[PDB]
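Input: a single structure, listed below in structure tokens.
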2 protein chains.
Amino acid sequence: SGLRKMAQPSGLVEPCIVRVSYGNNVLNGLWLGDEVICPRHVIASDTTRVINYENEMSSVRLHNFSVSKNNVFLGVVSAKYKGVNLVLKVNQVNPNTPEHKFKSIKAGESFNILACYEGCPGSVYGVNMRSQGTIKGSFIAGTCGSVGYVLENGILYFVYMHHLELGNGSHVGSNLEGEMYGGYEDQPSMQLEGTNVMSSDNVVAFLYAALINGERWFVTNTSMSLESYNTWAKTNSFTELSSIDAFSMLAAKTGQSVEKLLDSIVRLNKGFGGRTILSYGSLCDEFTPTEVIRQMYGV
Amino acid sequence: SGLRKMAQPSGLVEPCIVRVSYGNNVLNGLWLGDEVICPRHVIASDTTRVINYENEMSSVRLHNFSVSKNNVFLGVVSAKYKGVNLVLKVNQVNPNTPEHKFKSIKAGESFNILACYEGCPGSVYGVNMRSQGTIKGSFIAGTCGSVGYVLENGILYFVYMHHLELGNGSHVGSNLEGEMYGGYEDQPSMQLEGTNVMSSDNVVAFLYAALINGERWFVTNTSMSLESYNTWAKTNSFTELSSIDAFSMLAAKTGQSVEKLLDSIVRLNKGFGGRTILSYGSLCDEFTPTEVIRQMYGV
Ligand SMILES: *[C@H](O)[C@H](C[C@@H]1CCNC1=O)NC(=O)[C@H](CC(C)C)NC(=O)OCc1ccccc1
């Protein structure tokens, strides 16, 4: 059957993406109604040195912006900050505005990047939020403003707008409210990511995926308890397991129990000794339980 | 920077997928104009035993088809039988029909899967075609007639319809003209894939990606000439790198020559010494030169 990191379709989101430029700064904006949200660092004259955003807003001239979509130019009428984002009121309303809410993504939850280079939708991949509020995506010069979204029970949420990349390769963005995940600064300064807490829920779903695909070697007769585990987790940089009921269907279809895999995590966290689960030489927390159920049984 | 397997956006394609059933079989059709393409085995009374296709098609009533989108039912008037594909003429034309062409994918080449469960919305993800005309995607019961596509020069090409899974779990499909890739049969019989042959272009592309992400341990003070490598490849299940001029820019940007990388393949094909390259445990041929240049530079 196979296991692949998937994106939910880009259809509702593609038509919302605009080229936003100012001086030498070209990046991406989100166009809902008459509003256009994009990273504020697009104003700054020099983004390689510390920036004064009070100064930069004070000498902002609305005629200098070049907000565009396709062969439509959107004139700017108002520019305020909201957190690290810059909310522009533009002269047009997006005929293709979808029913949407804004939500903040939490450590362990999966979402979709529409990676856009300087105003063009480019590619869709699925990501997973790490404990320190970073993602391990693919982002370059020109992809700031690239938009993250989830679809839950018919509802479209926008959840992420791309800002920076940390010394260690990690990628940092903001919720559409304008708070940087992880509390990181919209500055070029050195910022350390700090130690990474693996999602116990997501590893369990991954191993359940392994089983459904035939890989069984990692499972013994040993079962660790929810209480035993959560204690072990607290000193081995691993989350406390939400609940056993999350995996009910998965436990049924395999005849293997969360407590059976919770022990697998412990034995494998010490090594694979050269073995691979679905071609990984190491445990993977990329996949939520929801993704595995969807991808293994179409639910 | 980072490297991910990506997909071109799906928003032209999403609205073309319908649900097609006949008897106990349910799968996906492509609705363009008044035409629904779909795999012919939708008509097989039992899809786990070898199928007499001329008998099963000889007793087929077109009224026994079900073809729906958003529980709006379309009515079948005619069909033509075209290779392993069925082409149903329906009473209604698809209002959301994108300007499209058709092409056939060659080994080495990348394309996008929209994976739909039983006409349902689905998930998007990039694949790459292996030497035997298979892919290693993610497919389950209910996902047949799921569609592959490339966007080249702003032109949408439909290129893949999904049919079956080999024992090894490789995935087989057809172009939209009903010719099945790698010549496989539309049957549950145990068909063997054949020897995988790795794309040399794609492995070089990949090592350039690693070079650009600061992973350098594989490069050495040794170059292998093109003819020299081509000899080695013929007897090691690798394609013949035809040119070097594809990699001109990656050569320039990185300072490393194709030949340095050609020699790295020969060494690394022996095995990684328990090291990794962008968290892979052996050479990767899933990324074309084009994909890497796009992803590292925005071109
Ligand atoms: C199409 O509905 C289905 C897609 C298969 C289901 C499992 N993964 C896929 O890609 N096609 C079939 O089931 C196909 C039927 C025709 C060839 C007549 N047979 C085949 O795909 O192998 C059956 C199989 C089912 C479950 C696991 C492994 C193989």
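Chains are designated A, B, ... according to the position of each sequence line. Numbering, chain A: per the PDB entry, residues 1-299 in sequence. We number chain B the same way the PDB entry does; the residues here are 1-299, in that order. Just follow the structure's listing: the first ligand is 1, and inside any ligand the first atom is 1.
This structure shows the drug at ligand 1 to be GC376 (bound form).
Per the PDB entry, the macromolecule in most contact with GC376 (bound form) is ORF1a polyprotein. For GC376 (bound form), the other chains with a heavy atom below 4.0 Å are labelled B. Heavy atoms under 4.0 Å from GC376 (bound form) belong to B:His41, B:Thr47, B:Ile51, B:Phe139, B:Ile140, B:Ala141, B:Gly142, B:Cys144, B:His162, B:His163, B:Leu164, B:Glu165, B:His171, B:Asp186, B:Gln187.
The model tethers GC376 (bound form) through a covalent bond to B:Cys144 SG.
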